Amino acid sequence: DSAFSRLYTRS
Amino acid sequence: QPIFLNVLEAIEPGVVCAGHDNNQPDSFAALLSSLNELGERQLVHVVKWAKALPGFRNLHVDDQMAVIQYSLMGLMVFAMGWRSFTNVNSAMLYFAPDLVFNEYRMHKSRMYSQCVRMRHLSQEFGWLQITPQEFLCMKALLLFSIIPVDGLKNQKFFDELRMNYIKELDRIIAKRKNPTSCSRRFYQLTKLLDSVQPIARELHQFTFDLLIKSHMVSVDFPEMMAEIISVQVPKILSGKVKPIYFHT
Ligand SMILES: C[C@](O)(CS(=O)(=O)c1ccc(F)cc1)C(=O)Nc1ccc(C#N)c(C(F)(F)F)c1
């Protein structure tokens, strides 16, 4: 889901 | 020119602190809330570490994300056993500088069995005389040691990557001047690697159970770790995603 994706896409 | 190894040393995360209040008397809720938060902080460092590893962009982006989530626990454990070995000679668990567990804390955490096992492990770094460079390569290989039974989105590329990390560990092995001494060393290291996985398994099972009942025990999970536990972790516990064991 989106919380880890978002971390991964960001720093 | 040890190019692979220079990189591992170059990209190795520095020290990460939990933010635990050591002046308060130990409770289970506070110890685990501090471990959960430490987990997230260490996760951020593992993502930045992983993305800068050799070949890692070979991977499909979804596989890139998946293996980080699957291997996370095993990596944390491995690095922690090394930190505990180097800093305090396995007399305590060096989770972080501001979160070191003595046996009282191991018991108060309610993961004593796992804690004592991670203490076995820490002591093996000494007993096997693991070199810093053996640790680094071993820790890298660990990121590529947990795969889904239904396959990755591009399994060929992962398989190429794992083969080559094993190559690098072979080269690291090779004092050299004896194939038999190289094998004996290979046997020992792969056995050390395999023993990380049941620990991570016990740890996964425990955190799973802890999330499910967290409201009952006033243990706070960061958003992100709750998603990973609830979304990726059960794939490991359900047997959909499996460690690659060297031995049997
Ligand atoms: C209980 C827990 O907080 C769960 S968690 O950190 O949220 C977590 C959630 C999902 C995972 F795949 C791995 C860890 C945990 O295992 N924390 C934790 C934090 C730091 C370190 C270190 N170093 C470790 C251990 F692996 F060493 F045990 C464990």
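In what follows, chains carry the letters A, B, and so on, assigned in the order in which the sequence lines appear, proteins first and then strands, with residues in each chain numbered from 1. Determination method: X-ray crystallography, 2.5 Å. Worth knowing before you read on, the calculation uses all heavy atoms, side chains too, and leaves out hydrogens, waters and symmetry mates. In each ligand, atom 1 is the first atom listed, and ligand 1 is the first ligand listed.
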Of R-bicalutamide, R-revaprazan, I-BET762, TAK-659, which one sits at ligand 1?
R-bicalutamide
Can you help me out? I need the name, per UniProt, of the chain with the largest number of contacts to R-bicalutamide.
Androgen receptor
R-bicalutamide: other chains, heavy-atom cut-off 4.0 Å:
B
If you draw a 4.0 Å sphere around every atom of R-bicalutamide, which residues of other chains have a heavy atom inside it?
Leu35(B), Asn36(B), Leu38(B), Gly39(B), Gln42(B), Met73(B), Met76(B), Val77(B), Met80(B), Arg83(B), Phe95(B), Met118(B), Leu203(B), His204(B), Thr207(B), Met225(B), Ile229(B)
Backbone or side chain, does any N or O of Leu35(B) fall under 3.5 Å from an N or O of R-bicalutamide?
yes
What's the shortest distance from atom 5 (S) of R-bicalutamide to any protein heavy atom, and which residue and atom give it?
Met225(B) CE, 4.0 Å
Which residue and atom name correspond to the protein heavy atom nearest atom 3 (O) of R-bicalutamide, and how close is it?
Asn36(B) OD1, 2.5 Å
Could you tell me the residue and atom name of the protein heavy atom closest to atom 6 (O) of R-bicalutamide, and the distance to it rounded to 0.1 Å?
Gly39(B) CA, 3.5 Å
Do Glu40(B) and R-bicalutamide have an N or O pair less than 3.5 Å apart?
no
Is there a nitrogen or oxygen of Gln69(B) sitting under 3.5 Å from a nitrogen or oxygen of R-bicalutamide?
no
Return the residue, atom name and 0.1 Å-rounded distance of the protein heavy atom closest to atom 20 (C) of R-bicalutamide.
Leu38(B) CD2, 3.4 Å
Does an N or O from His204(B), backbone or side chain, lie closer than 3.5 Å to an N or O of R-bicalutamide?
no
Nearest protein heavy atom with distance in Å, relative to atom 29 (C) of R-bicalutamide
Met76(B) SD, 4.4 Å
What is the organism of chain B, as given by the entry?
Homo sapiens
UniProt 17beta-hydroxy-5alpha-androstan-3-one-binding residues in chain B with a heavy atom under 4.0 Å from R-bicalutamide?
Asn36(B), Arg83(B), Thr207(B)
Nearest non-hydrogen protein atom, atom 16 (O) of R-bicalutamide
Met73(B) CE, 3.4 Å
In terms of residue, atom name and distance, what is the protein heavy atom nearest to atom 21 (C) of R-bicalutamide?
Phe95(B) CD2, 3.8 Å
Can you figure out which UniProt domain of chain B lines most of the contact region for R-bicalutamide?
NR LBD
